Amino acid sequence: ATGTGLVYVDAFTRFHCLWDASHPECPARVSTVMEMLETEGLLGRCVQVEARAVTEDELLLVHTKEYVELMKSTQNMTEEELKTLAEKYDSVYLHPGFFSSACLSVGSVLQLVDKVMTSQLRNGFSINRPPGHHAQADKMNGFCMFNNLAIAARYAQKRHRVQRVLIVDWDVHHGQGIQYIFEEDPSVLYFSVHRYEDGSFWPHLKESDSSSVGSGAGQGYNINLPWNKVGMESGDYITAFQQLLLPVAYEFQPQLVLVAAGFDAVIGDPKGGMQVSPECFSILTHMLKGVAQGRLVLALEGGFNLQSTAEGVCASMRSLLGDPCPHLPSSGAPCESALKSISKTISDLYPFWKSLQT
Ligand SMILES: CC(C)[C@H](C(=O)Nc1ccc(C(=O)NO)cc1)c1ccccc1
Ligand SMILES: [K+]
Ligand SMILES: [K+]
Ligand SMILES: [Zn+2]
């Protein structure tokens, strides 16, 4: 009942980019994570949880029938057909095994949701690829086919009858797919901190700015924290969690926390441009264990430096397992640019959250 679940299957390595041997979204991402968890002795301290394939009905909580059908058909396509389809999307490749792996990727999160919601485990982490947070109702995007966490959130609500789910997205990119899916939904609060640079950084969306707060019944339930300078450090992230995310999370009172656990903000990532120490993720994970009775499930999103991502996963896992948090060399003092972004997000969200008022 107190344990930490871990899901990993070899199927997560069984797809890769057929037309770019240097593609950064590659099978080594997950095998290096598993190898470091093993050598650090963390893997043996976790409860191994089996994966499962998502069902059509589960996919349809988020995705359209037509899109599911098209994705299913990719398993029978030629390489030329896969490339022609992949090129209709932004930042996507395809592979004959992609669909099968994507179904296990979603299902791995659902397995952990089952165990955590029924108190069989305290928390858990799926070491999954493909990632999910960019995937949309009817299209692939950003190396994602299905939106793992969006499905998991609606599954927790439908199956386990959870009323409120908090999704925390600390990947360096905006999870616009999650934002879109829950745009009008007050039962799922989406928080994303991401590099933005006034739209210069991918995916270059105006909707990634803090003015996008959700709409209709969902007004106030979408919170974007855009960084407009590179080089953010641990103290910038800790400060954002302390000033903005935690006060709102406690007011929202979620019954489950899902984390889009990308590690492309870690020092050394080839694209993220940030300078967050892997150890920072021990602290960020610890800061999220205080809501939802500690019912916390992390799922791997991005992170392209094999060592940096593995270290970030290990740091998060140490906190899931209850190990005392490391001391951070860096002082938790944020930079001026981070404070500017945090204050602006608070300004945009204050009408909706009593915890964000004076
Ligand atoms: C051209 C560049 C802007 C583009 C890109 O970087 N996309 C991108 C999308 C999602 C993630 C992610 O999942 N991060 O966690 C990471 C990167 C790209 C496209 C094709 C091959 C390489 C790179
Ligand atoms: K993010
Ligand atoms: K929402
Ligand atoms: Zn990313």
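Just so you know, residue 1 is the first one in the sequence shown, and it goes up from there. In each ligand, atom 1 is the first atom listed, and ligand 1 is the first ligand listed. Technique stated in the header: X-ray crystallography, 1.4 Å.
In the deposited model, the macromolecule with the most close contacts to ligand 1 is named by the PDB entry as Histone deacetylase 6. The name recorded for the drug at ligand 1 is AR-42.
At under 3.5 Å, a nitrogen or oxygen of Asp264, whether backbone or side chain, sits near a nitrogen or oxygen of AR-42. Apart from AR-42, the ligands and ions with atoms under 4.0 Å away are ligand 4 (zinc ion).
The ligand atoms of AR-42 that sit less than 4.0 angstrom from a heavy atom of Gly303 are 15 (O). Residue-ligand proximity, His134 to AR-42, at heavy-atom distances under 4.0 Å covers atoms 10 (C). Here the protein heavy atom with the shortest distance to atom 20 (C) of AR-42 is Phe143 CZ, 3.9 Å.
Near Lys271, meaning under 4.0 Å from one of its heavy atoms, AR-42 places the atoms 6 (O), 23 (C). Close N/O approach between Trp202 and AR-42 is not found [any backbone or side-chain N/O within under 3.5 Å].
Short contacts between AR-42 and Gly302, defined as distances under 4.0 Å to a heavy atom of the residue, involve ligand atoms 14 (N), 15 (O).
Proximity of atom 1 (C) of AR-42 to the protein is not indicated, since no non-hydrogen protein atom lies closer than 4.0 angstrom. Of the protein's non-hydrogen atoms, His23 NE2, 3.7 Å is the one closest to atom 21 (C) of AR-42.
Note: an N/O pair closer than 3.5 Å links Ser91 and AR-42 by distance alone. On a distance-only criterion, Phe304 and AR-42 share no N/O pair closer than 3.5 Å. At the shortest separation from atom 13 (O) of AR-42 among protein heavy atoms lies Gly142 O, 3.8 Å. Checked against a 3.5 angstrom limit, the closest N/O atoms of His133 and AR-42 fall outside it.
Heavy atoms under 4.0 Å from AR-42 belong to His23, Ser91, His134, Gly142, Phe143, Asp171, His173, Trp202, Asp264, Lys271, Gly302, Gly303, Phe304.
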